[PDB]
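Figure: bepridil in its bound pose on Troponin C, slow skeletal and cardiac muscles.
All residue numbers in this chain count up from 1 along the given sequence. First listed ligand is number 1; within each ligand, the first listed atom is number 1.
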Amino acid sequence: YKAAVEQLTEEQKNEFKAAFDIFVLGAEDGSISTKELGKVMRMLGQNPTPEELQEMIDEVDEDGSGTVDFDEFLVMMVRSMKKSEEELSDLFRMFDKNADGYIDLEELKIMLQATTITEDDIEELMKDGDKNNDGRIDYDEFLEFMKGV
Ligand SMILES: CC(C)COC[C@H](CN(Cc1ccccc1)c1ccccc1)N1CCCC1
Ligand SMILES: CC(C)COC[C@H](CN(Cc1ccccc1)c1ccccc1)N1CCCC1
Ligand SMILES: CC(C)COC[C@H](CN(Cc1ccccc1)c1ccccc1)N1CCCC1
Ligand SMILES: [Ca+2]
Ligand SMILES: [Ca+2]
Ligand SMILES: [Ca+2]
């Protein structure tokens, strides 16, 4: 909910902002349309249909603008943290190409293709998610990372 968004620390909002920035790369009016959602999806190795992408945009577009702005992105995230389990597993697998149950530094570099976010940002992301210091994020770490401890 809108209010719950204000429970996020200032650092969480910034991190979500960094993620939002990747989606709006080269976007009109800096908001996420089906076009940008399709580009990230494709960069992650998927091949969504127009119906699937439109379904995702409508699910989080609260003002019927047809696009997702940062405020709506935040609410969307707050909502998933506080079905979500399944999307999380798929997302993990999108990064875990060899299916060994880990996301290593190289696999995270997928986010630099056709791209705002930098290698330093990636190595930092890795440190944030890698709790046991083995240079990788396993599924349990990933879930804790995505849900918030
Ligand atoms: C590498 C694969 C294991 C991940 O793809 C799984 C897809 C993702 N979904 C939704 C989704 C998108 C983003 C993040 C998590 C889930 C999907 C839907 C439309 C287009 C591409 C993927 N789900 C489709 C139904 C069950 C599998
Ligand atoms: C997967 C979770 C961490 C966040 O859940 C949001 C995703 C799609 N997101 C994020 C996303 C999209 C593609 C690839 C990775 C993550 C989303 C993003 C932008 C616009 C709309 C939805 N689904 C929410 C319900 C249906 C959509
Ligand atoms: C799931 C999406 C809404 C984006 O989530 C963004 C980041 C890291 N993502 C990076 C990412 C960028 C763009 C699209 C999808 C994901 C991430 C990626 C891989 C492994 C761990 C985190 N999470 C860190 C803690 C909560 C936010
Ligand atoms: Ca909107
Ligand atoms: Ca892997
Ligand atoms: Ca680890």
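The location of bepridil, copies and all, is ligands 1, 2 and 3. Nearest to atom 27 (C) of bepridil (ligand 3) by heavy atom, out of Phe73, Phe16, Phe145, is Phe16.
Distances shorter than 4.0 angstrom occur between a heavy atom of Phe23 and an atom of bepridil (ligand 3). For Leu125, every heavy-atom contact with bepridil (ligand 3) shorter than 4.0 Å involves the side chain, none the backbone. Contact annotation for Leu91 and bepridil (ligand 3): only side-chain heavy atoms (C-beta onward) come within less than 4.0 Å of the ligand. Residue contacts with bepridil (ligand 3): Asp128 is excluded, as none of its non-hydrogen atoms falls under 4.0 Å. Bepridil (ligand 3) places these atoms under 4.0 Å from at least one heavy atom of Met111: 10 (C), 11 (C), 12 (C).
Below 4.0 Å from bepridil (ligand 3) sit the other ligands and ions ligand 2 (bepridil). Interface atoms of bepridil (ligand 3) facing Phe142, defined by a heavy-atom separation under 4.0 Å, are 20 (C), 21 (C). The PDB entry identifies the source organism of chain A as Gallus gallus. No part of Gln12 comes within 4.0 Å of bepridil (ligand 3), judged by heavy-atom distances. Distances from atom 18 (C) of bepridil (ligand 3) to the protein include at least one heavy-atom value under 4.0 Å.
Residue-level proximity to bepridil (ligand 3) for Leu108 is carried by the side chain, the only part with a heavy atom below 4.0 angstrom. Near bepridil (ligand 3), within 4.0 Å on a heavy-atom basis, the structure shows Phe16, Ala19, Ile22, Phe23, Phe73, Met77, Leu91, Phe95, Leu108, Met111, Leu125, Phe142, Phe145, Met146.
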